[PDB]
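Triclocarban:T4 nanobody complex.
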Amino acid sequence: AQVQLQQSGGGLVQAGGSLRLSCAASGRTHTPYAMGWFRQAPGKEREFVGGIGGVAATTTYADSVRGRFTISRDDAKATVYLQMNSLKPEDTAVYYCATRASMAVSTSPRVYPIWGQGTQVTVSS
Amino acid sequence: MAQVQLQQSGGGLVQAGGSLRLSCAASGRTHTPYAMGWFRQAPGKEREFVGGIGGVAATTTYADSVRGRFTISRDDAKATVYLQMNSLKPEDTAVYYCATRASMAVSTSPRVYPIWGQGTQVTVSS
Amino acid sequence: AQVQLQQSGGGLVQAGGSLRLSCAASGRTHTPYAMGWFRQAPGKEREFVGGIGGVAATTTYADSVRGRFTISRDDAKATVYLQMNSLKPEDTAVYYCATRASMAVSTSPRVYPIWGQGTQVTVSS
Amino acid sequence: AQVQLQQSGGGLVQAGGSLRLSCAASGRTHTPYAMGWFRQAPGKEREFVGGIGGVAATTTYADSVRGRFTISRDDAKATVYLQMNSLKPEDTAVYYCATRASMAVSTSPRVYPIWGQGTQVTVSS
Ligand SMILES: O=C(Nc1ccc(Cl)cc1)Nc1ccc(Cl)c(Cl)c1
Ligand SMILES: O=C(Nc1ccc(Cl)cc1)Nc1ccc(Cl)c(Cl)c1
Ligand SMILES: O=C(Nc1ccc(Cl)cc1)Nc1ccc(Cl)c(Cl)c1
Ligand SMILES: O=C(Nc1ccc(Cl)cc1)Nc1ccc(Cl)c(Cl)c1
């Protein structure tokens, strides 16, 4: 692979809690390229959460996470973050970052050829 | 005695085009929907608004000169607000301050914020 | 009410993670005086965690936290910090700082007349 | 290439004042590896100030700073701090942090391949 994505920072929190995930990229990195966050809960397909792309770090969000989750990036560290607030039990899933050779963010996981390892996030009621 | 205390971290010297993350950790009677504003001040210059975050939905606002380069976010449970800087320029050199007030509305005037961080130096070499 | 201690910095940490607590002193402060750190889990008495005192900022630690926790102090801010690393569930507890009119760090809570209000630290695994 | 360190927080202080420097590590970090602090005044070569290393986080100090300066570590944030107290004008210098692929602390700058950018510190009369 041209690029390797290493994820950090999940765990188990109570409803209303916060977590921050990181996705550190190494290899032939290019920070304007799209980084997507996707999650997969038990029994479900990979659902798009949000993405970041472009020379100006523009973000886009799924309806179910807007306002609560925030995506950012540190260019010099080649790292993209997913800040999660007001967490809900329904947010429980394995979270993945993924990237592709385009600035454009897509909702389809299938157009991202490069995947991080996944991080479990679990939210108690 | 203040009702809230702001403790700033991060900063330093980087090259033009570099990146930094600044942190502003709030303690005491904290209420995370209240506005947190970032201001900067370079030696011999007036204070100026950088950007801010506020509201239940974490709405952000920025000065024109930093839009597309700086991003503000918050971590409610750590009661901490971050200012992510990318594509840094010599022009961005200054002490950076966070500030807060008992209102969700982000104001661009420093006068309306009664509570201040201690500042952190950011130097961007030419 | 000769010196008062305001704590900061508690909360939920994931197993293996880190947290810094703060204890700020106000009033007729003497930074060479001993600041003790103690914790209490439900169903146990306040047990000594560690402490700092003297002009040289000498420290001492309970066996179970040595290597993992560091105490330090900032004289101009009249603040003492508890840096905690490699946190595990056994560390979950309400954590207190305390002081006394003496440079000697005592392991007994009874000889400290000044207490901070305490903060909860919860670790899940 | 493998780890970067970013230093924070220089500045002016009065004699008798305190200051806290940070050294944030990023990349393929290993937190028990040795991080040394050095200082250099108007061209004199970097003299050792202190270091921290090992699983149990052991600290070592130069004679000229012991007691007054303290080093600690936050493993979660891959950051090392140097807290400075009772500062005096002879402490005026550029301070650096450095790291190496070994737990062992050494007093020689040479054996640390990785260098922070340096922070100025100035202490007045
Ligand atoms: O590098 C990246 N994305 C990326 C995005 C944000 C940050 Cl901070 C860092 C890296 N993508 C990339 C690079 C090369 C190829 Cl071939 C492909 Cl297919 C993708
Ligand atoms: O608490 C805050 N702001 C704040 C904003 C964001 C975060 Cl993550 C955390 C805290 N302000 C506040 C609170 C009380 C008073 Cl009196 C005043 Cl005057 C201001
Ligand atoms: O001041 C302190 N402790 C203290 C410790 C560390 C720092 Cl950084 C700052 C302050 N104790 C004190 C002071 C006065 C009295 Cl009467 C008594 Cl009874 C205790
Ligand atoms: O990681 C480190 N040091 C370090 C020290 C303190 C903390 Cl909190 C975190 C990290 N060194 C390192 C790591 C890799 C390489 Cl190749 C080299 Cl050459 C050095």
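Note on naming: letters A, B, ... go to the chains in the order of the sequence lines (proteins, then strands), and numbering restarts at 1 for each one. In what follows, every heavy atom counts, from backbone to side chain, and hydrogens, waters and symmetry copies are set aside. As the structure lists them, so they are numbered: ligands from 1, and atoms in each ligand from 1.
The chains other than those of the drug that have a heavy atom under 4.0 Å from triclocarban (ligand 2) are B. Lab note: binding site of triclocarban (ligand 2), heavy atoms under 4.0 Å, is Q3(B), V4(B), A26(B), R29(B), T30(B), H31(B), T32(B), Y34(B), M36(B), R74(B), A79(B), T80(B), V81(B), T100(B), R101(B), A102(B), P114(B), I115(B). Listed by number with element, the atoms of triclocarban (ligand 2) under 4.0 angstrom from any heavy atom of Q3(B) are 16 (Cl).
In terms of N/O distances under 3.5 Å, triclocarban (ligand 2) is not approached by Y34(B). Annotation for triclocarban (ligand 2): atoms under 4.0 Å from non-hydrogen atoms of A79(B) are 8 (Cl), 9 (C). Close approach to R29(B) involves these atoms of triclocarban (ligand 2), each under 4.0 Å from a residue heavy atom: 13 (C), 14 (C). Atoms of triclocarban (ligand 2) found under 4.0 Å from any heavy atom of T30(B), numbered from 1 in the order shown, are 1 (O). Here is the list of triclocarban (ligand 2) atoms found below 4.0 Å of a heavy atom in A26(B): 9 (C), 10 (C). Interface atoms of triclocarban (ligand 2) facing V4(B), defined by a heavy-atom separation under 4.0 Å, are 13 (C), 14 (C). Checking only distances, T80(B) never comes within under 3.5 Å of triclocarban (ligand 2), N or O to N or O.
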